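Counting begins at 1 with the first residue of the sequence. Both ligands and their constituent atoms are indexed starting at 1 by order of listing.
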Amino acid sequence: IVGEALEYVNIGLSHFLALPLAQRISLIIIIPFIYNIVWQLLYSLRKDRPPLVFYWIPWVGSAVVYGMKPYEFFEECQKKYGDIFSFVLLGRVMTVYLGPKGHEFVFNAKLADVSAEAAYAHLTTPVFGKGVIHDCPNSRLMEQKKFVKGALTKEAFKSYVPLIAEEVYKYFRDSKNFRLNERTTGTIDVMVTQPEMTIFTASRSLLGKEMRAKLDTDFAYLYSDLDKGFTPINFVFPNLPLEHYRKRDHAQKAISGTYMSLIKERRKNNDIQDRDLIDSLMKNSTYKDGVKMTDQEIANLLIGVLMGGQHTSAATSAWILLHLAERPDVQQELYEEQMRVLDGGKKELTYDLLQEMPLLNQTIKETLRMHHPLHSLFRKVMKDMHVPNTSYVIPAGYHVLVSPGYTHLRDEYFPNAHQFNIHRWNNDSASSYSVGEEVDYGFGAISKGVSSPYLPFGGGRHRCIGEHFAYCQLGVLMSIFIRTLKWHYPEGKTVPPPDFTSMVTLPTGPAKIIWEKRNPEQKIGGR
Ligand code: HEM
Ligand SMILES: C[C@@H](c1ncncc1F)[C@](O)(Cn1cncn1)c1ccc(F)cc1F
Ligand SMILES: OC[C@H]1O[C@@H](O)[C@H](O)[C@@H](O)[C@@H]1O
């Protein structure tokens, strides 16, 4: 008889419940910790799963090392396990596929296999608002990208360039950080100046003069508050009863209400032209099933596009200034190109002359190689996926992670990858280009293959549509900085390390450079 063993099981359960509170709590942490380690050992035997990085603290996983030094985390994992490995991250299992085969696996994954929106909806919907980007089916997103891409034409860039130039010169004249009419040298924190210059130039060109005008008021404080809600904490705490979350929600309503006010005003007066992205979305925002975007969804889409382009672009111009501050040779080279292309400054900068400035564009390209703003791109796995040429199966409910920025820093693909060298792009200054066949997901033909080791703008259905706007904006900014200023580091200082815990891989603050006017007697006119 072993029914006596079943009696003692019941007896033991009854004695378990009688344990004093110090031991029941002690067991409350001892039991999961022990079972978590037991489970990892058994998992390591599965031949149809990638290796899983070992971790001590249940639920948390490798969150700390990944959050603070992700590329160092990937490099060590890659040496132990190779290019495919999983790790636990705050309750999720992330499967990483490093290198160009991983770009192909994740960026070209089938629509039914993976979902970006299920990975990101909690990050962006609380900031942007409902009904756009990740708060909608993929076919809706594909068409929103088509709508936005319709204000981003060559002829739009031709009119944006003088407007962006005006904003940069205004900033040089009026900002406390410069005041070029009264100061000939000064010190700036580039993580103060670049977010400001970026919002001013992106507002004037994409949003128009009215929304730019609002940035000269206390309304600008709403942008700061909404900006602060764009943070990785939303992956864990998207809504908490705190002032941070309520200033964010207030800003989203106030800002989108301001966009809707302008929109309803324009169509009240039939004042709908071809000036900015607001006009474009007012004329071209009907989905292919006949449904029109509402004014709320148009406003939420403007917020999302401006907020993403704000963070990637401002981080990138910060890094450009920081790399050039220790490279007066590159500043000199760029300056000579400006004098040649613009006939000593007697030519006005135009979008077409921007295309004749290869070294300037290679500097943006090289900065995006060394500082990809988004160190990791996620998808949630919706159907079990077989990893080709392996026995691995990534089950549904995992997440896949692709990191083109990690491959950007591999000597195998970019010799001396940790050295900033714009000439590695000689005869190849295009922001990107399809090396062969093309495909259309809804917003234009893009490269069909995504195995290039350089992918600053991603690829596949979720590929960036802001690339040409970003180059135009960054090119005008840097053209004007180069012609107007020389700059260098305070003594002893150098390029700062990246801060990987924020939404983009921005420089660790404070990152100060000292500027000096090239022409101390140059005056910037206007009121
Ligand atoms: C240096 C500047 C930029 C970089 C490096 C960059 C990079 C990227 C990358 C890597 C993706 C792919 C995301 C993924 O696969 O999960 C992406 C998507 C996207 N980006 Fe950008 N971007 C930049 C600027 C901009 C600008 C200026 C805009 C808007 C004008 C913009 C709008 C978008 C949009 C709408 C998507 C589509 C997201 C999706 O389909 O899921 N980006 N970008
Ligand atoms: C989802 C978000 C993101 N994805 C991954 N890691 C960090 C991130 F912030 C992002 O891809 C960033 N981004 C890309 N180009 C500009 N911004 C994004 C895309 C479209 C958008 F309308 C707004 C937006 F924030
Ligand atoms: O001239 C083409 C124009 O297309 C419109 O839809 C956009 O609003 C403008 O940004 C662009 O300049």
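- Of all chains here, the one making more contacts with ligand 2 than any other appears in the PDB entry as Lanosterol 14-alpha demethylase.
- Considering voriconazole, zanamivir, atovaquone, the drug or drug candidate at ligand 2 is voriconazole.
- By chain and number, the binding site of voriconazole at a non-hydrogen cut-off of 4.0 Å is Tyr120, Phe128, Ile133, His134, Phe230, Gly304, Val305, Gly308, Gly309, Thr312, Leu374, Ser376, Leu377, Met503.
- Every atom of voriconazole is numbered from 1 in the order shown, and the set under 4.0 Å from a heavy atom of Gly304 is 21 (C), 22 (F), 23 (C).
- Residue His134 approaches voriconazole through these ligand atoms, each under 4.0 Å from one of its heavy atoms: 1 (C).
- Of all atoms in voriconazole, numbered sequentially from 1 with element shown, those under 4.0 Å from a heavy atom of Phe128 are 23 (C), 25 (F).
- Within the 4.0 angstrom cut-off, atom 18 (C) of voriconazole has no protein heavy-atom neighbours.
- Under the 4.0 Å distance rule, the nearest protein heavy atom to atom 3 (C) of voriconazole falls outside the cut-off.
- The shortest N or O to N or O distance between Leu374 and voriconazole is not under 3.5 Å.
- Every atom of voriconazole is numbered from 1 in the order shown, and the set under 4.0 Å from a heavy atom of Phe230 is 9 (F), 25 (F).
- The ligand atoms of voriconazole that sit less than 4.0 angstrom from a heavy atom of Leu377 are 5 (C).
- Measured against 4.0 Å, the other ligands and ions close to voriconazole are ligand 1 (protoporphyrin IX containing FE).
- What sits closest to atom 20 (C) of voriconazole on the protein, heavy atoms only, is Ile133 CG2, 4.5 Å.
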Pairs of nitrogen or oxygen atoms, one from voriconazole and one from the protein, closer than 3.5 Å: please tabulate them with distances.
from: voriconazole; atom 1: 17 (N); to: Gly308; atom 2: O; distance (Å): 3.3

